[PDB]
Amino acid sequence: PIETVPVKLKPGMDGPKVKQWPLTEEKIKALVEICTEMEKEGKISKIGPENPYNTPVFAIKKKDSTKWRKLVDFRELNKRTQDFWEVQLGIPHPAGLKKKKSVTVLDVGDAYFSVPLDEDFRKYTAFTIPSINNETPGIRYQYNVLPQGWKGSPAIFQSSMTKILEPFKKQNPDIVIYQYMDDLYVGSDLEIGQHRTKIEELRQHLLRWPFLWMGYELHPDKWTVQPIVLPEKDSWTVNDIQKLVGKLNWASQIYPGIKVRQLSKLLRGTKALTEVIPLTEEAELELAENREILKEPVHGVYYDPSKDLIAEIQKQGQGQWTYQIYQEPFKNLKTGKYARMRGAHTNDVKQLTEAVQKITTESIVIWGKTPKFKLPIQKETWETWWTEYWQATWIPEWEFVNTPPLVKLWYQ
Amino acid sequence: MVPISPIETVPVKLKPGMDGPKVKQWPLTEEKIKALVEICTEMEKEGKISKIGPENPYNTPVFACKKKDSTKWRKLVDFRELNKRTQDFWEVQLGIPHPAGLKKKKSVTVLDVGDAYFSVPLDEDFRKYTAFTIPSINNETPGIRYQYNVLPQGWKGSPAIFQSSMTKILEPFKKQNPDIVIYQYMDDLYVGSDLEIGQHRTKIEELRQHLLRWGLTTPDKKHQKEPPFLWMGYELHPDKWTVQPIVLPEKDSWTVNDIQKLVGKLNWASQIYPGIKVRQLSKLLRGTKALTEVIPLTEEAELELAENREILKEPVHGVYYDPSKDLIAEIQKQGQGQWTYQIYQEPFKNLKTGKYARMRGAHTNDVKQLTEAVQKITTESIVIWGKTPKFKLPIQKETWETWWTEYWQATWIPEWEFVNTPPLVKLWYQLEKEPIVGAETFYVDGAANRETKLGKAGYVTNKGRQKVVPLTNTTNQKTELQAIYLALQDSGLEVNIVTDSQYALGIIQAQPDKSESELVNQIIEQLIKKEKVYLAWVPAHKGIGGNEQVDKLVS
DNA sequence: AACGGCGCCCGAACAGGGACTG
DNA sequence: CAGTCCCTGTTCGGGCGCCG
Ligand SMILES: Cc1cn([C@H]2C=C[C@@H](COP(=O)(O)OP(=O)(O)OP(=O)(O)O)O2)c(=O)[nH]c1=O
Ligand SMILES: [Mg+2]
Ligand SMILES: [Mg+2]
């Protein structure tokens, strides 16, 4: 009884044609059971090889959850429908969400299955379930309703979502509610007991219309930044000053007021690295001035909503991971550090996966975008293990870099 | 008026703005003429082929090749121009089944559908685009032209349609027989069950009659009832499997196309034969771009070829997969970037073997290449068994712990244990984390001219030691590596080295033990002889330490 | 002399970043 | 600042094996 919203690709682009990657036994068995129930409910339908489009599919389990969730890697289809969920039917981002004391994330993607999808667009939602040892050919489906993981689903459902959330927002005018992908971000300044109580009231508002029982809690007011800090030693050697000047010289690309004149004067000659060098009166003066500039904010740094976010991560060792978010180089909108995450001191890939999910969540709360990641890992290493540790219903863009640490910039 | 087959048709379109094929026929031998007129006549009476007239302004050349191990002929249609104008299909064949992934079954039957593509219909609106003439005489009768009502052999959409059509027909039978395993690869069917021999044949006949309802015939010609079963190029026995006999050519003079076939068979043989190497054989296929050019076998390629033929002498076999037991993968280092592995569940009962000899990167070490082999085995195991095997690796836990905790990139290996089988994988030198007290400090630098390709490399030290070496036909990067090599040559067992080269430092910090660069290999040899080496970096052109002094000497 | 799938080892073409020169 | 170079990386198409 609902007219399908017409959806068209960006002019000059064809649909996604991405190959399905191998899946483990437990993931294939989970997807076969899930897709059977969805096909019985008409959410998906089997298709043939005349559909040249395809999108990878796998399964995940959210944090502290034993239930399999179907996850489609619609990253290719999403950037091929960019003028739809950003230009036509866009969702405004509330600036006050990051200022709230507590923000809870609710999975509402199940509500998208009640709205049919445009018949002319269903061919782009094709996916293929693989088989172990290739016992059978790939089993192909396509979506008949709004699929989870497609950025067009919350855009079309936005009109439906507003009417459902209309009474609750009137009851609580101070609560900020933001919708991104399959998730719903609900922030308030109430106390922990009052907040969780108001979250349950919102759940009942959705029930009177399978992951709604979960509630991942955030605290954006408790989020910290990791500034550039300089060491403080009682004695300084030639090697210590060479490392300090190298760090300050690289930092000059960010803070143009940093000077290294009086510090380079301490290294006059061809001295041994371990030779202790006492800091002169002017060297103490120059080093004290540089420590204050690192406390001052960077000039002309602000968020441009038309530019993409970029995230770089550095492996610091011993469970330490630093990261920077920027749109223009050396114009970081946010820097931070993570420590003692899951897999610390045993698994780099699980930690890196955890860090990517944390950074993406922060970017959704602060700017409403997911950054493109520059991952410090080999492509084949990441593509082998990352799905084993993924616990989110979205997937950000990423690329792979290899930058040896010539100088510890973000973590001495 | 042709009867419509029970198999649902697949709606096939063409790329917009393009028409059908209009290619002239190919003059063929009279032997091919007497082999195709009898086929088009039989397919016309069976409804598989309809006759057309002048209302079909299309044409496509055809030919034929002999069926493998038979007297029958395979009718092919060179649809290379039709494929360019036909819509793209998404392939549903995602891989190749492997016998090591098969479980133990009491009863096994291997079927084979007769006239696979000739039993699945074509799209109604698409049959007009498949036109082809058949001359009865090579230069007399014009020959009546026909069309296709089924799937032609040679079309780029025929495999995808048959594989999808075969699945929809087997879906109702599999729902009625869940405990029966049916490996569906193209038209060949592998049917297994734990039922008794008598009850197994009963369900086989039920399946044969089920497929017959859609016009799929399973003739007794290629019906296999007794082991060993020939399936996917293997010999399937009740409790073991092996590859069909592989014949390696033994020519007195070796060319380029002969080695390409030789390495290919060894790659196919290395899945069950442990220890097959193709490094020195494939090394001969470099640079030479003439398939008909004789290449003499080197002494390393001859000893490698002799060791491969000896492995193929003794017969080997793999076992089948038991889900109640764990998967074990053990890797051995074969030297020169060569790795071999075996996957098993019980000791010395290999499911399959394999090798990893890929050399990625100009500079690497054994620890990186072992990590790459683990990743290759893991993904391969997920395809075949859907899980990751426990690894037995020839690297100490302490060695691996030192590498991954100190590397700047994220790296990881799944659950594994150490196996003490030399040669063990280790790191051949460790850069210090702090400068060395009492060790001479070398400030190295190197400059080169972009035009004349001339350059210098040298160092200055805190004790006054100094050297400058002129270099001809070099680069700035090479002089920076040369400067470090000079410092390592002229220093004691413990040395501090200060450089401004981000290029040189990045190479050495990754602790490589092998390199495509002779200069880097010499640097590695010196680093191994040392007891303590501390590399430090400083920004260039900043008047920092002795780096300013050595910069004047070389530039 | 046809089509599709998977694997390997190969070279050519292309991309991207530090560093030097106009 | 552009425009190069040097160096290293990935991508892709073809050679071969193998299956149908
Ligand atoms: C070997 C081969 C096969 N095919 C396609 C056609 C039918 C299926 C199976 O081929 P087949 O089993 O050898 O021949 P088929 O048509 O089934 O006839 P039968 O010998 O089984 O009776 O794959 C092909 O197009 N080109 C080929 O070279
Ligand atoms: Mg057959
Ligand atoms: Mg230099």
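Numbered from 1 within each chain, the chains take letters A, B, ... in sequence-line order. Whatever order the structure lists ligands and atoms in, that order sets their numbers, starting from 1. Excluded from the calculations below are hydrogen atoms, water molecules and symmetry mates; all remaining heavy atoms, backbone and side chain alike, are included.
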Trainee: What does the PDB call the drug placed at ligand 1?
Mentor: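 Recorded as d4T-TP.
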Trainee: What would the PDB entry call the macromolecule that lies against d4T-TP (ligand 1) with the most contacts here?
Mentor: HIV-1 reverse transcriptase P66 subunit
Trainee: Provide the letters of the other chains having heavy-atom distances to d4T-TP (ligand 1) under 4.0 Å.
Mentor: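 Those reaching under 4.0 Å with a heavy atom: B, C, D.
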Trainee: Which residues of the other chains approach d4T-TP (ligand 1) to under 4.0 Å (heavy-atom distance)?
Mentor: B/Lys67, B/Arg74, B/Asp112, B/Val113, B/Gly114, B/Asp115, B/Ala116, B/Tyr117, B/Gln153, B/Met186, B/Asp187, C/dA2, C/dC3, D/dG20
Trainee: Would you list any other ligands or ions less than 4.0 Å from d4T-TP (ligand 1) for me?
Mentor: ligand 2 (magnesium ion)
